[PDB]
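Overview of a structure with naproxen.
Per the PDB entry, chain A residues shown: 4-583, in order. Indexing begins at 1, ligand by ligand and atom by atom, following the structure's order. Structure determined by X-ray crystallography, 2.2 Å. Atom set for the values below is all heavy atoms of this structure, side chains included, hydrogens, waters and symmetry mates excluded.
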Amino acid sequence: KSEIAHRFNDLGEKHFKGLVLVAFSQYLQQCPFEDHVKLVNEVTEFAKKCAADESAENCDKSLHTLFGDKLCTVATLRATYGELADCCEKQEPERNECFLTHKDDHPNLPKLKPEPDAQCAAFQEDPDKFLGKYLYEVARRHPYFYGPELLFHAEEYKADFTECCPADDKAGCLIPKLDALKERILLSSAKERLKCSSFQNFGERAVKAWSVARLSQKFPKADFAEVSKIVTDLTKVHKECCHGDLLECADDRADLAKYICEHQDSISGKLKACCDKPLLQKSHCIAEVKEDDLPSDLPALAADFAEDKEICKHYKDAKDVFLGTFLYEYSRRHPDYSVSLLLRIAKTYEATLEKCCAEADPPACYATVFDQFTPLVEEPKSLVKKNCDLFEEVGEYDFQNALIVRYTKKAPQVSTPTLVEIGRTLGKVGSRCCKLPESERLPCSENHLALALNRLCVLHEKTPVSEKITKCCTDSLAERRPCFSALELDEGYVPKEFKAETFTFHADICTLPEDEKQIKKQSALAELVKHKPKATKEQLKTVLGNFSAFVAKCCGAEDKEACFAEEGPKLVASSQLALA
Ligand SMILES: O=C(O)Cc1ccccc1Nc1c(Cl)cccc1Cl
Ligand SMILES: COc1ccc2cc([C@H](C)C(=O)O)ccc2c1
Ligand SMILES: COc1ccc2cc([C@H](C)C(=O)O)ccc2c1
């Protein structure tokens, strides 16, 4: 009768409010914290009235009518959000559709800097307001963050402050915890964005195919029926969340988590751990759960997928099922392949049946179908071993450097901050994945690269600058990585005009944390490539070494700025000669 009552009742006041805060922060990213709290409280008050009497006026309206109406009350909307006021003239679903379309993936808000005294203080004078603020700050920075999971991370954030605010060493307890929480936020943000990007750019059939492969790897003892059931339900969950319907998404997620733990015995022995937990931790745990051991009765596949004479009829009679089945089977036995590699193999199997079934004798044609997968598998294994060798020889900083050079050559039109962010994220894939046991390196690498490349695509959507990127981003989800890997120096590119200030450093740099020093150096590196696109990697590496050396010296100096001022312009001129 009243959706708002229903969700309120299912979720309870705490989570209802939390989720409704997230929604509003993500939709209206610039509004101050206080406006949002007020709007939340109001909606929540409405919900309570409806829970008391679902016949009451307007209680029957949809959530989005209700929430969309609420957002359209904010003061200074047309000033703050010029582009959004027009959305408020529209009805639903056209309205919500407009709000979504204008969500910002790179609002470039200030970085969230742990300030342990000020924060423990604010925490103590009002913990409820302190945690709301966290949800708000994160939601706003990541307008597609998986709602339910943000509530989860908010609990971890509360545990952090609970533990550390009364400790001997406040920052010793707290700054590493919050640094690791921020890594976990960024990674989770990037996983969820890929899901919503997959719905937007490729459709639900693409999200389902990804999720069949992934969950078949994770739960290889489950049967296909069960995998499909979970994938169907998980797909709806994310479709809701990616469409800003967070209350429905949370409720539906909890139903799923219950389902999974009721049937954990016929799903995976790894879920026991997770099913013994409170709600949000449980959901988090199932979502991140490790892959089960491979059953001893995995069926040989030749017979059904290469040898049977009826394949062409079966395939024609129901393509999506026959293929989904193939994908389930192949993926469950292949936790050692990435999801994209599995999807590229499925598309080749498909392509082989399309080809062979239109020929005179299909069975002799499709008899060698499994053999066409060999090169699909070797290419990425070889790439991962090569980049991991490099990573291990040179370390994170220089691997990031190598990737920054790589990406600037491929897309020299992209802004420097994007190239640097992206080269740095790509480089961290080496740190995450290369040290893992070797059978894990390919899946770790490609699954994480999908997250980084999607980020590039998402930023590119905002600020299109290169047709090569557009094409790689939109042609084929499964082929993205190979498509990006194949790009080379854009030759059409006119070297960017030399501007000496760009390469000109000052003593300000000396006071930065290491991190931020690297970014400054890494930004100059991209600029060196834009101006000398044909310089080799070996030349850029030497020239940047000379820049680091110079920065280290001048920062070690008696009179830092005089140092920078005398030595710098010479290095700037001479380094250009060392390039292309
Ligand atoms: O770029 C690569 O693929 C690897 C490579 C090999 C030899 C020398 C330098 C580089 N990369 C690289 C670059 Cl392009 C700049 C600074 C530091 C490094 Cl390690
Ligand atoms: C029913 O079977 C499938 C199998 C593989 C698929 C792969 C893809 C990828 C994401 C692609 O890039 O096209 C999509 C749909 C698919 C459906
Ligand atoms: C194992 O570690 C990595 C890290 C970064 C990588 C980037 C690339 C890109 C897509 C490339 O353009 O080749 C490939 C492989 C990679 C492996």
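All instances of naproxen together account for ligands 2 and 3. For naproxen (ligand 3), the chief contact partner in this model is given in the PDB entry as Serum albumin. Among protein heavy atoms, the minimum distance from atom 17 (C) of naproxen (ligand 3) is reached at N390 CB, 3.6 Å.
Taking every non-hydrogen atom of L429 and a distance limit under 4.0 Å, the qualifying atoms of naproxen (ligand 3) come out as 4 (C), 5 (C). Here is the list of naproxen (ligand 3) atoms found below 4.0 Å of a heavy atom in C391: 1 (C). Between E449 and naproxen (ligand 3) there is no heavy-atom distance shorter than 4.0 Å. The heavy atom nearest to atom 14 (C) of naproxen (ligand 3), considering only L439, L386, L456, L445, is found in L386. On the PDB entry, the origin listed for chain A is Equus caballus.
Considering backbone and side-chain atoms together, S488 places an N or O closer than 3.5 Å to an N or O of naproxen (ligand 3). Contact between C436 and naproxen (ligand 3) is absent, with no heavy atom of the residue lying under 4.0 Å from the ligand. Those atoms of naproxen (ligand 3) with a heavy atom of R409 less than 4.0 angstrom away are 11 (C), 13 (O). Distances below 4.0 Å separate heavy atoms of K413 from the following atoms of naproxen (ligand 3): 12 (O). The atoms of naproxen (ligand 3) that sit less than 4.0 Å from any heavy atom of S448 are 1 (C). At least one N or O atom of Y410, backbone or side chain, sits closer than 3.5 Å to an N or O atom of naproxen (ligand 3). For atom 6 (C) of naproxen (ligand 3), the nearest protein heavy atom (residue, atom name, distance) is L452 CD2, 3.5 Å. Within the 4.0 Å heavy-atom shell around naproxen (ligand 3) one does not find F394. Near naproxen (ligand 3), within 4.0 Å on a heavy-atom basis, the structure shows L386, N390, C391, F402, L406, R409, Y410, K413, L429, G433, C437, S448, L452, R484, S488.
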